[PDB]
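Below is Bromodomain-containing protein 2 with doxofylline bound.
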Amino acid sequence: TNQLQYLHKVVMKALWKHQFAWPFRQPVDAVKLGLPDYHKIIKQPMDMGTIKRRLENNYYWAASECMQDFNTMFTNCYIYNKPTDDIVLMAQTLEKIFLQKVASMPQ
Amino acid sequence: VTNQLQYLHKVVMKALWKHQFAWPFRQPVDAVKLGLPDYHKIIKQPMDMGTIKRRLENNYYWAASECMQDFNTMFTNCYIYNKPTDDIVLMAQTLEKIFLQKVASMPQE
Ligand SMILES: Cn1c(=O)c2c(ncn2CC2OCCO2)n(C)c1=O
Ligand SMILES: Cn1c(=O)c2c(ncn2CC2OCCO2)n(C)c1=O
Ligand SMILES: Cn1c(=O)c2c(ncn2CC2OCCO2)n(C)c1=O
């Protein structure tokens, strides 16, 4: 769809290259990051590499479905991490760009 | 009086305000009433649907994206402050899904 193309080539491209994006480009590796409780707390992991791959393999039936994946990724971050962790500020910065770009998506 | 802001008022706020999970979000978090002495230490930008509703009613917003940020702040405050297992997190998630679903069909411009 026009909307899924926009999420791929306008929204995702802006977020992917952002200087705060690196923690979010691939799944949380709880073993390599040493977080034995991550998957006990976060039951729907999500990340931009997964969303990007889904955008390219025609996984999504509708724009809102892809937007929900973006939301899950950010929400996971807020739920798991402490309020003072830098990664929370990074998610918020990226999430605001997401919402800005989504506001200009074809209707 | 943008089409976008009209959409956010007549479609998004209409749906969320009357939602059965909306009541904890209809007014600012009252930290005294709720017994949350650390709330304003952790949440530095409180937001609630009553504030957003009033702002839409008084044409406070210059752009749709700024109303959208207020909604986002209100949900994010909840995810950041509350424990993962708090029921309020589930209620916020349910409301935010509706918010995103509707925002996907918002007019451009
Ligand atoms: C999304 N996400 C990460 O990407 C992450 C992380 N813990 C480490 N990382 C990677 C990076 O190390 C310093 C800050 O982010 N957690 C708990 C998380 O939620
Ligand atoms: C304080 N308070 C409510 O105000 C409430 C509620 N359950 C429903 N409401 C009312 C709300 O407005 C109309 C539709 O839902 N509970 C459990 C509650 O504690
Ligand atoms: C926004 N907000 C609330 O309104 C709230 C609350 N803790 C309780 N409440 C009220 C209600 O009790 C059961 C479900 O929510 N917290 C920490 C919060 O962030």
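In the text below, chain A, chain B and the rest are named by the order of the sequence lines, each starting its count at 1. All ligand and atom numbering here is 1-based and tracks the order in the structure. Every heavy atom of this structure was used, including side-chain atoms; hydrogens, water molecules and symmetry mates were not.
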Place of doxofylline in the structure: ligands 1, 2 and 3
Heavy-atom neighbours of doxofylline (ligand 3), other chains, cut-off 4.0 Å: B
Residues near doxofylline (ligand 3), heavy-atom distance under 4.0 Å: B:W23, B:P24, B:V29, B:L34, B:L36, B:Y39, B:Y81, B:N82, B:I88
Check: B:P24 N/O within less than 3.5 Å of doxofylline (ligand 3) N/O: yes
Chain B: UniProt protein binders within 4.0 Å of doxofylline (ligand 3) (heavy atoms): B:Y81, B:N82
B:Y81 neighbourhood, listing doxofylline (ligand 3) atoms whose heavy-atom distance to it stays under 4.0 Å: 17 (C)
B:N82, any N or O under 3.5 Å of doxofylline (ligand 3) N or O: yes
Shortest protein heavy-atom distance from atom 9 (N) of doxofylline (ligand 3), along with the residue and atom involved: B:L34 CD2, 3.4 Å
Protein heavy atom at shortest distance from atom 13 (C) of doxofylline (ligand 3): B:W23 CH2, 4.4 Å
Heavy atom of the protein closest to atom 15 (O) of doxofylline (ligand 3) (residue, atom name, distance): B:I88 CD1, 3.4 Å
UniProt domain (most residues in contact with doxofylline (ligand 3)) of chain B: Bromo 1
Proximal atoms of doxofylline (ligand 3) relative to B:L36 (non-hydrogen, under 4.0 Å): 17 (C)
Nearest-contact summary for atom 2 (N) of doxofylline (ligand 3) - protein heavy atom, Å: B:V29 CG2, 4.1 Å
